[PDB]
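Entry below: contains forskolin.
Letters A, B, ... are given to chains in the order of the sequence lines, protein chains preceding strands, and every chain is numbered from 1. Worth knowing before you read on, the calculation uses all heavy atoms, side chains too, and leaves out hydrogens, waters and symmetry mates. Ligands are counted one by one from 1 in listed order, and the atoms in each one are counted from 1 as well.
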Amino acid sequence: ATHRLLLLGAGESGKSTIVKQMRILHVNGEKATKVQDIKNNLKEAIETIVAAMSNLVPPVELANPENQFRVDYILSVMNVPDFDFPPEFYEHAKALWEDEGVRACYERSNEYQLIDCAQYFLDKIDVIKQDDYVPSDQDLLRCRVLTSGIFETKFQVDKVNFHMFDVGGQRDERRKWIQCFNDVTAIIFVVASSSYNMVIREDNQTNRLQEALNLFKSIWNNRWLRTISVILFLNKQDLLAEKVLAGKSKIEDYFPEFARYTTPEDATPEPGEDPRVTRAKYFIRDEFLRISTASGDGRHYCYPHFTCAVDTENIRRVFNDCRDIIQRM
Amino acid sequence: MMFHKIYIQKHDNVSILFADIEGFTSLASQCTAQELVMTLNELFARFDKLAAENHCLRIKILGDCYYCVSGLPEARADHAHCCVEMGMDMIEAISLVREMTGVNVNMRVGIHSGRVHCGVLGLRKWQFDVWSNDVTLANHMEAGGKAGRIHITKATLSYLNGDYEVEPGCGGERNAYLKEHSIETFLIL
Amino acid sequence: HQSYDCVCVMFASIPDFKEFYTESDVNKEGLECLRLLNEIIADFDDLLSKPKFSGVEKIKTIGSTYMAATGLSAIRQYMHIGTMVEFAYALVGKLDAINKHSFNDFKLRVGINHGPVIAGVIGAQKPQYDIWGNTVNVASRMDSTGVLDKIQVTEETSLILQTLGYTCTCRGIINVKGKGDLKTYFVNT
Ligand SMILES: Nc1nc2c(ncn2[C@@H]2O[C@H](COP(=O)(O)OP(=O)(O)OP(O)(O)=S)[C@@H](O)[C@H]2O)c(=O)[nH]1
Ligand SMILES: C=C[C@@]1(C)CC(=O)[C@]2(O)[C@@]3(C)[C@@H](O)CCC(C)(C)[C@@H]3[C@H](O)[C@H](OC(C)=O)[C@@]2(C)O1
Ligand SMILES: [Ca+2]
Ligand SMILES: [Cl-]
Ligand SMILES: [Mg+2]
C-alpha cells in the first residue's frame, strides 16, 4: 500500500518545514552545507529590519544614536554576493538587535516582508558565530529556503509507504501543481494561521490569509479534485497565540466578521488555553470550513488540524491522525 | 473519472525521422493548386510504401513535412538502422518525381533517437502522434539539415553501431536550438 | 478529393505551452504535461458539439495548435467566416476556464483566413483528411506571426468582418514566404 500526498498552501505556509519533520520522524557533510543558509537567514533578517525602519510611517528611531554606524555597516554589505561573514557582522548585528528601536521596528514587521525565523536567530547570534557551530534540529526546521520546482520525499511508517510532494506556494510556482493532481491519495493544505495581519510578497497588497482562503477555494472546488479529500493544516498556532495575547493587531480590524463571532460549543481547547486564543484559532478554522461545507457533495471531505510545523511534539501527534484517516482511500 | 482517459504510452529506444522538401515554395508557384496536391499525394503514397518495408510507423503529413518514428508499435533492435535506410529511400524517391516535374527540389532529412510518448489527444478526429524533447530535437534536426543529406545526432549513432560512413554535421551552424543545446551532429555517405 | 471556393480556415496555437512542457521524473518524463494538453484539446474538441458551431470541422491538432475550418459542408454568403471568429472567441473561454483550475496563464494566438482550398484524403496506409492551397498557408502564417489574445486576419477577411459588424485595426505588413509582403489586421473586441 502506497500513498501519494501533495502538500499545498501559499508562500511560507509550512510545506517545506513539514517535509523536514517527516525526515526527523520517519527517516534517518549533511548539515555543514546547511550552516551557510542559516547565516544568510540571519543576514537577510537583520538588514530587512533596519532597512525598514526609515521607510515606515511614522519612521522609527534607534534608541542608541551610536548604532547609526552599524546601521550604515549593514546597508553597506546588504548586496554583497559571496558575503564573507567576518566576526564584525555578528558583533554589529547583535548590537543592533539590542537596540530597543530596532526591536520596536521589528514589532511593526507586519508592514514589510520579514521571514518567520528572524527573532529565533537574532536571539542566538553568539552561538551561530562560532566556527565549530553545528545546527540543532530546531535550527534546521527554522532555516527558511524557497522551493522552486517539485520535490519527492519517500518514507515509511509501519511498513506502510508514503510519497510526499513539495511544491512552491508562490504564485509563479503554482503553475507546476497540476502535474501532481492525477493519482493522488490526499491533499495536505497548509495555512499560516498567524499571518492574518500581513500582506503577501508577490504584490505586497493582498492579505496573506485571504490569499490562503482563495487558494483553498481554488483547490477544494477544483475540477480535477472532486474525489480527493483535503487534510487542512491550520499552522503557526504558537505565533497565532502570541498575537492574540499580545493584543497589538486585532483580528476584527482585518477580518470584521470576527466581532460578530462567538466560540463553538464543539470546541476542545488544549489544557488551560486562553478563551481569547480559543475563539481566534477556531474562527480561522470555520472560515475555511465554510468553503468546504458549501460544495463537495460527500465525494470528498475536509479534515482540519491545528498544527505547529516547528514542533515535532505536535507533528507526530497530528500526522498520526492522518495515518488514521488514510484508511478508506 | 476526473481527468479524461489519456490514450498515451511511454516508449524508449525509438528513433524519430522528420523529412521536409527543399524549395517546395518554388514548385508551389510553378503549378496550379490542383497539380501540386496531386504530386504531393502521389509522393507520400510512395513514402508510405517505403515506410512499411523499412519498419517505420508513419505519424503525420504536415503540409510539406513528413515524420515517421521506428521502434513502434513494439520495440525493434535496428530501430535507428531503419530510419537511415528509410531516409535513404526518400532521397531517391523524390529524385524520380523531381526532374519529371521540371524544377529541382530535394528532401532534407533529420533524425534523432530517444524516448517518446505516443498516442492520441482530445476526443475528435484522432490522429496518432508523438511527443518528447527527443521529438522536439528530431524536428530541429530536420530544420538544421542539408538537402539530399541525412542529419543524425550523437544518439542516432550510438544505435547505428558504426555501419554508415559518417562525417561532422555542424548543426549549431544551421539551427539555434541545436547550438544552444550543444548537439553533436553528423551526415552520412 | 474535391476543390472549394470560400472556405474559412483557422489556426489557434498556445505558444506558451512549449515552455511549460518539462521532462522530469515527478512529471513521469513529460506525461503529466500531456495530461493537461489533453484536458484542453478535449475541451476544444467539445465545442464542436454545440449547435451554433455545427458547421465547424476540426481538421487536426499540430503540436499544441488547434486547426479548424468552415464552409466544407458547402456545394448570408460569408456567414461561416463570422462563425469561425465566434468560434475562436469560444476557445479563449475554454482556455480561460482551464487557466483557473490549472493555476496558469495560457494565452491563445489566432490567425484566420478565407479563400479557395482543396479537400481530401492523403497517404496510402492510413488515409487522413486534410485541406491544402495557399488560403491555408496564409492562415498558418497569420497564426505564427500573430499576437497573444488577438485574432489576425488578412485585408479582404477584415473587409467581410466589417460587413458583419466587427471593428478592426491594422497591424501593418507581414512577409509571407512565396507570397511576399501583405497587409494584416487584428480584430477588436
Ligand atoms: N514559529 C513558527 N514558525 C513556523 C511554523 N511553521 C513554519 N514556520 C517557519 O516559517 C517559515 C516558512 O515555512 P517554509 O516551510 O520554509 O516555506 P513553505 O511554507 O513551504 O513555502 P514555500 O517554501 O513553498 S515558498 C519556515 O522558516 C519555518 O521555520 C510554526 O508553526 N511556528
Ligand atoms: C506538445 C508539446 C511539445 C513541447 C512536444 C513536441 O514534441 C511537439 O508537439 C512537436 C515537436 C512534436 O509533436 C512533433 C510535431 C511538431 C509539430 C514538430 C510538434 C511541435 O513543434 C510542438 O510545438 C508546438 C507548436 O506546440 C511540440 C514541440 O510541442
Ligand atoms: Ca518546406
Ligand atoms: Cl499561508
Ligand atoms: Mg516550501
Mind telling me which parts of the structure correspond to forskolin? ligand 2
Determine the main partner chain of forskolin (ligand 2) by heavy-atom contacts and give the name UniProt assigns. Adenylate cyclase type 5
Can you list the other chains with a non-hydrogen atom under 4.0 Å from forskolin (ligand 2)? B, C
I'd like to know the UniProt domain of chain B that holds most residues touching forskolin (ligand 2), can you help? Guanylate cyclase 1
Write down the PDB name of chain C. Adenylate cyclase type 2
Which of the Mg(2+)-binding residues recorded by UniProt for chain B place a non-hydrogen atom closer than 4.0 Å to forskolin (ligand 2)? none
Enumerate the residues contacting forskolin (ligand 2) with a heavy-atom distance under 4.0 Å. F18(B), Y67(B), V130(B), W131(B), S132(B), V135(B), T136(B), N139(B), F17(C), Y21(C), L37(C), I62(C), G63(C), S64(C)
